[PDB]
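This file shows Aldo-keto reductase family 1 member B1 complexed with AT-001.
Chain A is numbered as in the PDB entry; the shown residues are, in order, 1-315. Order of listing sets the numbers, starting from 1, for every ligand and every atom in it. According to its header, the structure was obtained by X-ray crystallography, 1.6 Å.
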Amino acid sequence: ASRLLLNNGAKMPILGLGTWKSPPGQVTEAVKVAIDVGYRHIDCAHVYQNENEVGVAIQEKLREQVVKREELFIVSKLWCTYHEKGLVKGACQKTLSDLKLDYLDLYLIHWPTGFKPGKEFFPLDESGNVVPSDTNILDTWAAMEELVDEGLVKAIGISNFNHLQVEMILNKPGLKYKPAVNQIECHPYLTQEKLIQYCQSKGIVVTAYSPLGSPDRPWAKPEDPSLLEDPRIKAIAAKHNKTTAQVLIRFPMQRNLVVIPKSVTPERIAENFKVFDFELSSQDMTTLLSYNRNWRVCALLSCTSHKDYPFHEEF
Ligand SMILES: NC(=O)c1ccc[n+]([C@@H]2O[C@H](COP(=O)([O-])OP(=O)(O)OC[C@H]3O[C@@H](n4cnc5c(N)ncnc54)[C@H](OP(=O)(O)O)[C@@H]3O)[C@@H](O)[C@H]2O)c1
Ligand SMILES: O=C(O)Cc1nn(Cc2nc3cc(C(F)(F)F)ccc3s2)c(=O)c2nccnc12
């Protein structure tokens, strides 16, 4: 229906609101609107630099009695500069303090790559290479497991992990908690068929990020493809009397993925939720899958020699 079962027994809403690039001055209103029109899943991160303002909106709607806390599914992520085992708890507590919550529904390792700890989110050397930390995936995972044991988070997962990285965790000797979710970039130009098959086969729920192709991403080039403007996808939308955005959001839902489109624009927040009253056909699905180009929008050149860089592998 509208939620997917996780390995902890919780039900994760299949549609959530993304908040990357939602400025602090606009995100509070965005979240308020989203909760009013039915969103019950918000995707957050420390690196988005807006958790306080998301937290404001959630607090206001709890106090207004619009929703109760157990009806909300709040996700955040551990940033790359906090992979050291001793920094993980503090990072989670900082996120909880900013969001004004006492627990998260889901906390992800944001990227498999640890960066040098410090004030800078992207510590670069003078030649522009990211500076790694001497952290590894398995030790970071162990610190994430402690958060569940301490009741700060209900479920833990990963983001931007390739299948070998997922495998590494699943095969961890003394594994305490299996990853619940892998959050990955997924859209018609990067359909992720092998990694989705892998993760679903392993009972890991997949969340599709950048489902509209992140047209506001800060490194977009003029000559880059644009999903929302793809005349072929416009044609599918017109046939169903829907928008291109609604098709792009429905697409992952029919693959049994969670999807988290971002908007700060109230009309679009509402538009993006109106995706439960139509179905894409088998032909439409096949057609959208056929647009795959292995075109990835979320990666940084500056990280490509990190030992744990995820996107050298086929999947
Ligand atoms: N785990 C990770 O590493 C990671 C990476 C990337 C993204 N994410 C998550 O996934 C979320 C979504 O990805 P994203 O932010 O990259 O991009 P996206 O959701 O693919 O696209 C957002 C862009 O599309 C616009 N838009 C939204 N609804 C629209 C509609 N109905 N019609 C036309 N334009 C529309 C937004 O404009 P306005 O906001 O101005 O309306 C914004 O410019 C993020 O916000 C974040 O929560 C996670
Ligand atoms: O991380 C997100 O959820 C979205 C996001 N993506 N990016 C592109 C990035 N790409 C990467 C790539 C790596 C990698 F794992 F080394 F591959 C590690 C960290 C990053 S962050 C930003 O530069 C970035 N900068 C600020 C805030 N968010 C971002």
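- Counting every copy, the structure places AT-001 at ligand 2.
- The 4.0 Å heavy-atom shell around AT-001 contains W20, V47, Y48, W79, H110, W111, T113, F115, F122, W219, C298, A299, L300, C303, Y309, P310.
- From AT-001, the nearest residue that UniProt flags as active site in chain A, along with the heavy-atom distance to 1 Å, is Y48, 3 Å.
- Taking a cut-off of under 4.0 Å to the non-hydrogen atoms of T113, the atoms of AT-001 that pass are 14 (C), 15 (F), 16 (F), 18 (C).
- Geometrically, AT-001 and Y48 share a nitrogen or oxygen pair separated by less than 3.5 Å.
- Among the UniProt-annotated substrate-binding residues of chain A, those with a heavy atom closer than 4.0 Å to AT-001 are the following: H110.
- In the PDB entry, the organism given for chain A is Homo sapiens.
- For AT-001, the atoms lying closer than 4.0 Å to a non-hydrogen atom of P310 are 14 (C), 15 (F), 17 (F).
- The ligand atoms of AT-001 that sit less than 4.0 angstrom from a heavy atom of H110 are 1 (O), 2 (C), 3 (O).
- Of the protein's heavy atoms, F122 CZ, 3.8 Å lies nearest to atom 24 (C) of AT-001.
- With a cut-off of 4.0 Å around AT-001, the other ligands and ions picked up are ligand 1 (NADP nicotinamide-adenine-dinucleotide phosphate).
- Within AT-001, counting atoms from 1 as listed, the ones closer than 4.0 Å to a heavy atom of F115 are 18 (C), 19 (C).
- Of the residues that UniProt lists as binding NADP(+) in chain A, those with a heavy atom under 4.0 Å from AT-001 are: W219.
- For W111, a nitrogen or oxygen atom sits less than 3.5 Å from a nitrogen or oxygen atom of AT-001, counting backbone and side chain alike.
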